[PDB]
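Model: Proteasome subunit beta type-5 / ligand carfilzomib (bound form).
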Amino acid sequence: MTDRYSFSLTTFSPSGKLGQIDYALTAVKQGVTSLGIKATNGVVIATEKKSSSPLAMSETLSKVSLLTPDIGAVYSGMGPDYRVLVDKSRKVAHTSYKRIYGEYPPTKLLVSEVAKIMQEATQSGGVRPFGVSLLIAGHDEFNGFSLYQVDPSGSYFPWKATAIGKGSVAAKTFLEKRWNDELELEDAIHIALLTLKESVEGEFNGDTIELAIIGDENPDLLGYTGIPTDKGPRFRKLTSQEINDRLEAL
Amino acid sequence: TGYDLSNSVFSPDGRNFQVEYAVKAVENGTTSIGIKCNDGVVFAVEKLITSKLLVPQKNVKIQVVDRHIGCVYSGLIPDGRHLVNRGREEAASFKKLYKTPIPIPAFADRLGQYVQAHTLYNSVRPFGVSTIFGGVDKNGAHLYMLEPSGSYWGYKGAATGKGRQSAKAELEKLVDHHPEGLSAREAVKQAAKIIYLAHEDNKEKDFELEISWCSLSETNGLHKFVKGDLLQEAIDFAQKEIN
Amino acid sequence: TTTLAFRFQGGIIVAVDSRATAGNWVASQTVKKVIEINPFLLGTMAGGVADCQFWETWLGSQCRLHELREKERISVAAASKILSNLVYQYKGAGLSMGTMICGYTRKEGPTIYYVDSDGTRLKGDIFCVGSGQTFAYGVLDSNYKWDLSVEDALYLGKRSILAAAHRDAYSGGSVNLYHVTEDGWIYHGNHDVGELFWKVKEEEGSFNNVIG
Amino acid sequence: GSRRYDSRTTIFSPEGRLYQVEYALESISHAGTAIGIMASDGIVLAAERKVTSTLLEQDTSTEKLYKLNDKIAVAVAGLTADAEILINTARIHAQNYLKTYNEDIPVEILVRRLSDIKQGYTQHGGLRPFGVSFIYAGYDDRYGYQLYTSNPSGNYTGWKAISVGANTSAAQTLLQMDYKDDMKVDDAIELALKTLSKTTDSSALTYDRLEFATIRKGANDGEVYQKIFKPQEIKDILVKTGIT
Amino acid sequence: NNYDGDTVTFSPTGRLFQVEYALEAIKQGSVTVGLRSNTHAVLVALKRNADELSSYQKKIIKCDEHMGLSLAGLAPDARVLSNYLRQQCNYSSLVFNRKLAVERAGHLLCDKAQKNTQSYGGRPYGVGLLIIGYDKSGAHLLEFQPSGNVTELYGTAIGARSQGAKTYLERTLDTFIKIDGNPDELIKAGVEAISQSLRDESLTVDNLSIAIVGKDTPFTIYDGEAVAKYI
Amino acid sequence: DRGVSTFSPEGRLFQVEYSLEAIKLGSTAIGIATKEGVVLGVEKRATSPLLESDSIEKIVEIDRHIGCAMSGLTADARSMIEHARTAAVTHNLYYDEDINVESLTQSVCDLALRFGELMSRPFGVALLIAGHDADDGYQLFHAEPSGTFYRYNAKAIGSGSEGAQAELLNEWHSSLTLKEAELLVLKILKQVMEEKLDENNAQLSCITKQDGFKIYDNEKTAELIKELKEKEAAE
Amino acid sequence: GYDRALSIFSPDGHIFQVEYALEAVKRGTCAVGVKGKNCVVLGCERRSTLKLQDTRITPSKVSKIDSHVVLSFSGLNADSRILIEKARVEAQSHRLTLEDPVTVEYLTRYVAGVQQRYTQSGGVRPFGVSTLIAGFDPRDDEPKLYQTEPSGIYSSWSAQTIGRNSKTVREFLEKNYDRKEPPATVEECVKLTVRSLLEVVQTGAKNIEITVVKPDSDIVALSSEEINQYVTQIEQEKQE
Amino acid sequence: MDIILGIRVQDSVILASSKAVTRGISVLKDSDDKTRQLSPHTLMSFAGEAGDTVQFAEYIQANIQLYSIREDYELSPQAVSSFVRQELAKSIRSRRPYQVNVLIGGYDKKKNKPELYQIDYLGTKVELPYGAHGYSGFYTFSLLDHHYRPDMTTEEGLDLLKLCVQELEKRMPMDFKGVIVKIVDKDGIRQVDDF
Ligand SMILES: *[C@@](C)(CO)[C@](*)(O)[C@H](CC(C)C)NC(=O)[C@H](Cc1ccccc1)NC(=O)[C@H](CC(C)C)NC(=O)[C@H](CCc1ccccc1)NC(=O)CN1CCOCC1
């Protein structure tokens with residue numbers, strides 16, 4: 001018995017490719033489209049909620065996830081792989097940072113830890129790479145707002161705006177025409193909804209779309225009062241009703 | 001293809017061919033049966049006499065677990081012994097912690113989980129035995145049969161080995177003709193007959209009969225071997241029926 | 001125990017007593033306190049009998065393995081350091097040993113090393129070790145010269161053990177003598193203190209404190 | 001068992017080569033070019049970013065050039081994720097030395113240890129090697145300014161000028177042509193950029209597709225300064241040499 | 001064919017080829033016989049040499065005062081298994097002050113061989129063993145196969161041309177079983193039995209190897225001039 | 001590929017059989033046992049003339065009463081010799097006596113099959129172990145990587161083994177003197193060696209009760225070579 | 001832990017991984033060792049496809065193991081560092097326990113033992129390196145030169161070469177080296193070493209390294225101009 | 001073990017260490033050298049628990065010698081002292097700590113300056129113009145506070161050292177059998193034979 005697979009399952013081919021990473025990126029291509037746009041006073045991340053059955057309750061399945069009060073994440077690719085990465089990402093933020101410095105990590109460093117975990121699945125014994133690409137939006141005091149993409153290889157890049165998955169080629173072109181450096185947050189939400197309508201085929205409403213922002217602090221969502229320095233989470237998930245209001249003036 | 005070369009690999013059907021190959025080793029083995037009765041269970045088995053040089057009565061195949069459970073099996077005899085050794089460890093740790101002897105359904109799952117564990121990795125081989133086993137507990141009598149996949153169920157009657165079909169047919173007739181129930185002493189006699197009738201499927205070498213039983217009234221809820229006058233009485237009953 | 005060894009013009013003299021004790025109980029009068037490691041190496045024993053006996057015997061096995069592996073007899077320095085490094089590993093565990101590793105090699109010449117159970121290792125010309133070491137020092141130091149003859153050196157070693165055997169309650173039995181030369185060690189007999197004391201008293205005229 | 005699926009990453013070919021090391025070098029040859037040039041009064045590090053998108057955030061980005069300590073930096077060619085694993089190990093190693101001896105680690109000692117880690121992945125463990133080649137630029141008070149390179153084989157060598165990544169053959173010929181020993185930093189800056197401009201696979205070399213860094217003694221009296229260039233500073237230095 | 005790479009693999013018909021290949025190593029080995037009466041149990045073994053300049057490979061090994069075995073196949077595997085038996089016999093004596101039953105000795109050998117047939121990396125044992133002994137239930141003879149199967153018998157033989165001696169003992173069953181209180185006659189029957197497996201070679205003084213255990217006889221081995229009586 | 005501890009259909013271990021082929025490629029080593037002592041001889045076989053032949057060490061001491069010669073992948077023999085020397089000295093420490101030659105050989109052979117998936121492969125070297133003890137007298141053993149060992153009156157191993165063994169079959173008798181055995185090893189070595197036998201490319205040794213294990217000098221062997229040539233010309 | 005047996009026997013009785021490690025040695029730059037009456041000299045080739053090199057800081061081909069012993073090699077450069085490190089540690093350990101520096105034979109035996117261990121251990125490949133180890137034993141004036149190889153065998157040599165085109169330079173040394181009369185002086189020993197490398201190298205500029213070891217821890221490396229003088233002298237005598 | 005002293009002057013560092021080794025009521029040796037050369041321009045003297053002292057000194061010696069061979073370069077006295085301190089700082093929280101106090105005297109060739117470091121068994125390091133371990137300091141520190149000047153020569157430093165030894169021989173209870181004196185300067189390490 002025991003794990004006899006102590007050797008690498010990802011290796012270099014004669015041409016210099018890393019097969020399993022390429023094949024993982026192919027799985028990301030098949031995945032549903034998701035995007036992220038960065039404004040002057042915030043960041044938006046969005047994706048389609050592809051339902052498996054109409055009997056299934058899509059509210060119970062969350063594609064957009066809170067990692068810290070000021071950091072969120074969305075993906076394209078294999079859902080199960082994403083779910084466990086979110087668990088590990090939430091934990092590593094505490095063990096390797098908050099329990100040491102008494103504060104949450106900045107976006108770039110949390111991203112750096114997630115990227116490490118994904119890199120190890122590319123080199124360690126008896127495992128395949130993760131079949132997902134992540135988009136991670138976040139805010140912190142000394143860097144301001146920021147948006148990052150993380151690929152199966154463990155590489156990460158900072159973006160002004162980008163898309164991943166099914167119709168990412170067309171969606172990136174659409175964002176190049178509309179994006180400027182003076183965009184307000186509401187303008188960025190409007191552009192996010194327009195970009196997503198092109199890739200979605202069926203119903204296009206608040207129940208089939210999932211969208212969250214990184215913006216101003218929310219004292220009402222904090223859950224307590226008395227400490228002036230604690231002002232609330234910057235991450236907020238838009239409701240079904242809040243999306244439909246913006247779809248009328250579209 | 002090549003899906004059958006490694007254990008724990010699914011074929012495109014969703015099958016584990018290495019387990020199905022282990023079943024072929026069970027089918028090649030000698031016949032063994034189990035009969036459930038009014039207040040207990042009976043076990044019997046075919047022992048092929050390869051040579052005159054074998055010592056009669058001195059190559060015992062039926063095995064006891066704890067003091068209330070019996071185990072018989074067909075196929076690779078060493079694999080069965082390994083399963084019983086584990087069973088004895090499982091029962092011992094149950095009684096150690098919980099005081100009471102291990103219930104039959106509780107014991108059945110301990111074996112089941114252990115056999116099933118040997119279908120999960122390519123670094124182990126599946127078991128090459130089907131095991132018929134059971135006994136008496138607080139809720140009465142129980143008879144079980146366990147297969148290489150880890151699958152097991154409860155049984156009114158059970159059979160496995162080279163003459164399983166002949167033994168199954170004969171077992172079905174007893175269930176139909178006795179809806180109210182069969183007695184312990186009757187079930188010993190019937191067990192002899194069915195082994196003799198199932199020997200027609202292995203009739204080159206002549207054989208030796210071996211029976212055991214557990215009963216609330218006859219054996220006081222403990223596992224014992226059938227010997228002497230009661231064994232010969234069961235042999236004679238079987239001899240009269242074949243002629 | 002009383003044991004000594006000193007270096008001189010004609011090599012090394014080694015002398016020991018032969019008593020073993022358990023408190024005030026004299027357990028033996030005939031104990032061998034010198035160990036013959038090879039034809040050119042000797043080891044002396046003081047402290048715990050088992051400790052000394054066991055480990056100095058272990059030392060000989062390690063020395064034999066050296067010459068098998070290296071095709072050359074081990075140096076006195078390297079031999080003494082194997083023992084000192086061993087006892088250092090056990091430091092604090094309660095080993096009780098006072099030993100002297102004595103021998104000749106080409107590169108070193110006649111050499112003596114003191115090694116004890118708290119890890120001390122010292123090269124030197126003269127050492128006395130054991131419960132009666134001070135009594136031996138008193139005679140040895142006051143009569144020692146480098147230019148002693150082989151005959152006189154043997155006697156001084158013998159006479160120094162006798163001095164300690166007389167005054168120290170936990171020393172006695174007999175004297176065992178050894179002489180180490182360029183050609184190897186030579187045994188110079190067992191000398192019972194029962195006869196030796198009176199013989200020395202009469203011939204030398206010493207020990208006037210005792211009733212003649 | 002699991003023998004069936006083992007690629008055997010640490011074996012020899014019949015010709016006496018290491019398969020996985022050779023294939024890792026093939027991977028690195030498609031990565032963006034990085035150049036290091038050593039002058040008498042400093043060191044230059046220049047590197048080309050991999051095909052950039054206009055919506056990429058350029059100022060808050062790091063891909064090629066990393067800081068190991070106050071006196072040592074590296075340029076990367078290959079898998080970025082693999083490089084960061086090694087960079088963090090090198091950063092820790094430097095601090096261990098400083099903690100132990102109360103002195104900044106000599107450049108070669110840092111390079112040797114990082115190269116020894118790479119070597120281990122080619123001889124034991126059955127894991128794939130790191131698909132990364134480094135150019136090390138640094139200073140210490142024994143040898144002064146120093147340039148080194150290391151590759152997946154764990155072999156390292158010292159250089160006056162060197163390139164890694166794509167088009168090294170063409171790039172090395174150009175550096176061998178114009179380089180001389182009495183060269184200054186400002187001249188070496190110009191050589192580094194001119195060489196990338198001629199070897200690049202892009203149409204024209206622009207500020208947004210470059211990473212640049214110097215290591216001078218251009219601070220105040222007998223001390224070394226590390227300058228990682230900002231976007232606007234690359235835009236200016238590109239105009240000043242007449243490339244754009 | 002494709003299913004004989006290791007012991008962990010079953011064939012399509014349910015066979016374990018590595019176990020069968022281990023069984024083949026026993027067939028190539030030199031013949032050895034075992035038989036018993038009610039009072040005594042005897043082992044006879046034909047020893048084999050490399051050439052006229054070499055010694056003859058010893059076939060019989062003592063396990064305790066009341067138990068031992070003969071071997072056929074890989075001799076180093078017999079050394080491992082016999083050493084295990086020596087330890088088990090010894091554990092019984094030190095802990096329980098009990099002589100190990102011959103039947104339990106077999107059960108322990110079976111379980112040790114089995115574990116080597118169900119795990120990756122390992123290999124089956126490549127040797128067969130005939131175990132004799134005298135315990136609280138009289139004399140005993142056991143046959144061990146590296147498949148794990150252990151069988152108690154009145155008499156048997158293993159090795160090359162072992163079928164000849166096995167047939168003879170099957171005929172002589174009624175005679176030799178009643179040889180009680182007579183060691184030399186029980187050996188004579190065992191020597192005549194092994195003779196039915198000889199081809200071109202006969203039993204010489206440094207070729208034959210006999211061992212006996214019984215009621216008032218500890219397990220002892222006879223070699224050299226001590227077996228000249230039985231030629 | 002395939003498992004390291006796999007059986008062939010004929011019932012043999014693949015890796016053990018393949019290691020025997022490596023031993024056949026090795027240089028020749030011969031041993032002869034007498035009532036006056038045991039002689040061990042080997043072919044040195046230098047790969048080039050610039051190589052200093054006296055550094056070639058294929059005959060080795062285990063203890064004062066036990067010697068050893070080797071043939072095959074000789075680098076593999078180092079850990080075997082190390083184990084043998086430790087086993088011999090350890091027994092002396094535990095029992096205050098010399099260890100039997102047979103018990104030493106058995107201890108070395110226990111290492112043999114300790115390979116699989118313990119070391120990664122069998123040893124690729126065979127050993128001739130010669131010695132004396134009080135019980136069984138002068139002895140010679142052949143230790144293989146199979147874990148098997150036979151006692152021999154005389155034995156050859158290496159590339160010229162089958163030819164040298166046939167010659168030893170005819171020449172050996174139970175009354176051979178030590179001198180006669182010395183010449184016989186030289187004679188048979190000269191026959192199977194490629195290059196011409198002399199004191200520099202061949203080495204003799206012996207073990208006697210009185211003087212123990214001794215490797216001969218090049219001067220001593222040279223005279224035995226000259227004595228051998230003269231006797232063959234004398235009839 | 002990774003357990004795979006990588007070094008195993010083949011049907012013909014060869015261990016291919018050990019033999020393929022020898023091919024890596026054949027690919028490496030040439031290295032030569034010659035011992036005279038009172039000295040040993042180690043010569044090494046450096047390939048000239050690498051210009052723009054910094055020779056101050058680039059790892060040297062000859063390495064000091066202790067103050068009285070040196071080690072050169074041919075084969076994989078990265079592999080050699082591991083052997084050199086282990087050797088240096090053992091050298092200091094020997095001084096600590098035996099209170100005497102290592103003999104050249106002892107140091108060689110240790111390095112060779114490490115190489116052998118990597119030929120029958122699971123999860124590792126053999127070292128793609130052969131070494132030349134030279135020096136003088138403590139308080140001794142007899143020169144010592146030893147060779148090792150991936151299999152683990154080691155031996156002593158009057159003169160020896162390893163690496164690429166080593167069969168050509170071995171041919172040269174076999175007819176030019178007299179056992180009855182070795183190079184009497186340092187100059188004679190260096191000249192014969194340079195001559196032998198000039199049969200294979202190309203140009204005698206920055207391609208040849210020479211290191212001279214004399215008794216009592218006296219080791220020095222020659223500079224470019226010093227070596228170039230030997231190259232200039234040999235060529236003028238050749239035109240005859 | 002008992003007395004170890006150190007003085008740093010203009011161009012050199014001078015270490016003086018007692019020669020006696022005493023066990024029980026017996027002086028076993030009167031010529032013991034309580035020092036080890038770590039590198040050509042670095043010297044360490046030591047005192048403390050029997051066995052521990054030499055074992056520790058030689059362990060440090062081996063490590064510094066290993067570094068020298070590996071890098072073909074001599075570590076600075078500051079670097080060596082920091083390595084030694086860390087080893088003692090590790091030791092103090094071990095199962096069985098090294099009970100050894102040391103002085104490190106060295107000449108830094110890059111700075112052309114002599115340096116003296118005092119380190120105790122806890123791993124407490126200080127650089128000093130003059131230093132001592134054990135009971136010696138209770139006499140020598142006040143004496144040196146009076147007579148020491150920073151610009152003194154090696155000869156002046158030796159006379160200053162004679163003044164310390166004389167005081168210890170007058171007021172110390174135990175007979176320490178004189179001292180071995182060694183000088184560390186630009187030219188390396190040498191021993192004064194007549195003191
Ligand atoms: C001079 C003579 C005095 O020291 C020498 O130093 C000799 C050394 C020579 C013989 C090597 N030393 C002794 O004789 C030595 C003194 C000693 C005693 C105890 C501890 C340390 C040193 N004596 C012994 O070692 C005696 C030997 C004789 C045969 C009795 N042994 C003991 O006292 C033993 C074991 C001591 C021991 C050590 C470590 C752990 C546990 C025990 N003890 C007993 O036999 C107990 N005792 C004897 C009296 O009867 C009741 C039981």
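Quick note on labels: first sequence line is chain A, next is B, and so on, each numbered from 1. What you see here is only part of the deposit, and the contact count is restricted to that part. In what follows, every heavy atom counts, from backbone to side chain, and hydrogens, waters and symmetry copies are set aside. Order of appearance sets the numbers: ligands from 1, and atoms from 1 within every ligand.
Other chains whose heavy atoms approach carfilzomib (bound form) within less than 4.0 Å: C. In this structure, atom 48 (C) of carfilzomib (bound form) has a protein heavy-atom contact shorter than 4.0 Å.
The distance criterion of under 3.5 Å between nitrogen or oxygen atoms is not met by C:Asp17 with respect to carfilzomib (bound form). The deposited structure shows a covalent link between carfilzomib (bound form) and C:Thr1 OG1.
Proximity of atom 37 (C) of carfilzomib (bound form) to the protein is not indicated, since no non-hydrogen protein atom lies closer than 4.0 angstrom. If you check which protein heavy atom lies closest to atom 32 (C) of carfilzomib (bound form), you get C:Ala22 CB, 4.8 Å. Listed by atom number, the atoms of carfilzomib (bound form) under 4.0 Å from C:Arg19 heavy atoms are 2 (C), 10 (C).
For carfilzomib (bound form), the closest UniProt active-site residue in chain C and the least heavy-atom distance to 1 Å are C:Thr1, 1 Å. By the definition of a contact as any protein heavy atom under 4.0 Å away, atom 44 (C) of carfilzomib (bound form) is not in contact. Distance screen at 4.0 Å: atom 7 (C) of carfilzomib (bound form) has a protein heavy-atom neighbour inside the cut-off. By the definition of a contact as any protein heavy atom under 4.0 Å away, atom 3 (C) of carfilzomib (bound form) is in contact. For atom 41 (C) of carfilzomib (bound form), the nearest protein heavy atom lies 4.0 Å or farther away.
Nearest protein heavy-atom neighbour of atom 18 (C) of carfilzomib (bound form): C:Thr21 O, 4.0 Å. The residue among C:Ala46, C:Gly47, C:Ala50, C:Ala27 with a heavy atom at the shortest distance from atom 12 (N) of carfilzomib (bound form) is C:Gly47. Ligand-side atoms of carfilzomib (bound form) in range of C:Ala20: 14 (O), range being under 4.0 angstrom from any heavy atom. Atom 21 (C) of carfilzomib (bound form) has its closest protein heavy atom at C:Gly48 CA, 4.0 Å.
When distances from atom 15 (C) of carfilzomib (bound form) to the protein are checked, a heavy atom turns up under 4.0 Å. Taking a distance limit of 4.0 Å, we find that atom 10 (C) of carfilzomib (bound form) is approached by some protein heavy atom. Among all protein heavy atoms, the one lying closest to atom 1 (C) of carfilzomib (bound form) is C:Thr1 N, 1.5 Å. Carfilzomib (bound form) has C:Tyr170 within reach: a non-hydrogen atom of the residue lies less than 4.0 Å from it. Protein heavy atom at the shortest distance from atom 24 (C) of carfilzomib (bound form) is C:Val49 CG2, 3.5 Å. By chain and number, the binding site of carfilzomib (bound form) at a non-hydrogen cut-off of 4.0 Å is C:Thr1, C:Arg19, C:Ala20, C:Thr21, C:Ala22, C:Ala27, C:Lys33, C:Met45, C:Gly47, C:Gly48, C:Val49, C:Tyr170.
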